[PDB]
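Drug on board: testosterone.
For chain A, we keep the numbers from the PDB entry: what you see runs 1-400, in order. Determined by X-ray crystallography, 1.4 Å, according to the entry header. Just follow the structure's listing: the first ligand is 1, and inside any ligand the first atom is 1.
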Amino acid sequence: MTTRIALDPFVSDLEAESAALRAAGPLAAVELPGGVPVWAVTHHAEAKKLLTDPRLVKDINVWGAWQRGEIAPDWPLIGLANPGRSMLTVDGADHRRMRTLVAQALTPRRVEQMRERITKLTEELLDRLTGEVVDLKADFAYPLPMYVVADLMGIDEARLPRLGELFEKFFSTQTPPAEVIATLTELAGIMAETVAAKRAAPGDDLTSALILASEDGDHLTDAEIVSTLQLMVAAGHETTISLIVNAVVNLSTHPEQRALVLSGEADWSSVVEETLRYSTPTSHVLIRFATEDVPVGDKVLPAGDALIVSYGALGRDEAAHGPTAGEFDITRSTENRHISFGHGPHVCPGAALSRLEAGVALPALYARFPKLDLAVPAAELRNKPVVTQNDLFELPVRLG
Ligand code: HEM
Ligand SMILES: C[C@]12CC[C@H]3[C@@H](CCC4=CC(=O)CC[C@@]43C)[C@@H]1CC[C@@H]2O
C-alpha cells in the first residue's frame, strides 16, 4: 500500500500540509476528515494531465466506496462529494448542456458590463468602515462577492444573513453530523424559493434567464437550476472572499512588494495572479473518479477510486515555477501559468468575474487606506476548519 496523509480538519498548518502533499506526490494517498481515503494529485503537470483525462470523471456512480455504502450520509463533506446534478457533476454532452448559458453570462465582455456596479458597491463598503481597526473580512472582503453573486443569481438580499449561517455549517469540518443534512435541505430550499420567484416574476438576473431558456425543454430542469444556483452562489462568494483576504495578507507580509504596487512599479493583476498561485482560495477540489486504472507517476490510480485536485499544494510546485515557487513574488515570471481556476472542460467559468472583483476591490482599498496593515502579527491569523478552502476566521486591519 501507501503512506497516507490525514488532512487536518482544523487546518492548523496549511503550509506544512501542502508541503507534505507535494512530497508524497504526484499522486498522494490522503484521508479526508471523517476517515475517507482518497487520492490527491499534488503536482502541477500531473494535475493538468488528470484534469483533461477522459478516464477521470465527475460521475459518482464510478465511486467504488460510494456503491459499497462506505460513505456516511451525514458526512460533513457530503455536500461537496455529492451535490445535486449540475455542470459540476457531469462531463461531455451533459456538461455543455448544463454550463453553456452560465458561462456565456460570465465572459470578459459581460463581466466588464458589471464593473460600474461592482465599483459602486466596493466604494460603498469602504465608506461604511467604522473604527481604527476593523475585521476587513467581515466588513469588506466577505460582503462584496456575496452581494455580487446574489445580484447575479436573483437572490433576495434579505436572505443573505441566513445563507451566511448555513454556509458556515456547510463548510465546517466541526458541524455535528446531526446538522449536516438539515443544512443541505435548508440551503436547497432557499435556492428553490429563488427559482420559484424568478419563474413567476422574471427579472434581468441569470436565474430568470436559465428558466426562460429551459421553458421549451432540452436545457435545464428546475432541479438542475436549483443545484446550479447553489453552485454559483457558493463558488462565487467563498473563493473570491479568500482571494481578497489573501492578497491583503500577502502584501502586508511582503511590504517591499506592497511598495512596488502602490508606486506603480508592479500592477494589481500581478498581485491577484500571484495570490492565486501562492495562496489559492481553494486548497482542494472534490471529486473525480477513475473509470479505469490510470498511471500517475510511479503509482496507479485504481479504477473506482477517487481523486481530489490539491490546487493549494501544487501552486508551489518547484517543477512548474522553479526554486522560488514556495515564496510570494509578484515580480515572478513562470514558464507555467497557475491552474488555480482549474484546467480542461471544467475550468472556472467565473475567473473573469473573480479577477474583476479583486481587481476593483484591492486598488480601491489601498487608494482609500494607503497605510493599512495587519492589526495582529501574521502568525495570529488562523484558518477556519474548512479542509477544502483556505479561509481565515478574521482579517484584523489597522486602516490608518
Ligand atoms: C478566486 C476565485 C475563484 C477560484 C479560485 C475558483 C476556482 C475554481 C476551480 C479550481 C474550478 C474547477 C474545479 C475543478 O474542476 O477541479 C472552479 C469551477 C467553478 N467555478 Fe470557480 N473559482 C473562483 C470564482 C468563481 C466565481 C466568482 C464563480 C461564479 C460567479 C465561480 C463559478 C464556478 C463554477 C460554476 C464552477 C464549475 C465549473 C464546471 O465544473 O464546469 N467561480 N472554480
Ligand atoms: C458544491 C458546491 C459547488 C462547487 C463549489 C463548492 C464550494 C467549494 C468550491 C470551490 C471551488 O474553487 C470550485 C467550486 C466548489 C467545489 C460548493 C458548495 C455548495 C455547492 O453546491
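Counting all copies, testosterone can be found at ligand 2. Bound to testosterone (ligand 2) with the largest number of contacts is the chain that the PDB entry calls Cytochrome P450 hydroxylase.
At 4.0 Å, heavy atom to atom, the residues around testosterone (ligand 2) are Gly79, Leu80, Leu88, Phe170, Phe171, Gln230, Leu231, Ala234, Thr239, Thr282, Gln389. Each of the atoms 1 (C) of testosterone (ligand 2) lies under 4.0 Å from some heavy atom of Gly79. By the definition of a contact as any protein heavy atom under 4.0 Å away, atom 15 (C) of testosterone (ligand 2) is not in contact.
Counting atoms of testosterone (ligand 2) from 1 in the listed order, those under 4.0 Å from a heavy atom of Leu80 are 1 (C), 6 (C), 7 (C), 18 (C). Every atom of testosterone (ligand 2) with a heavy atom of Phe171 under 4.0 Å away is listed here by number and element: 7 (C).
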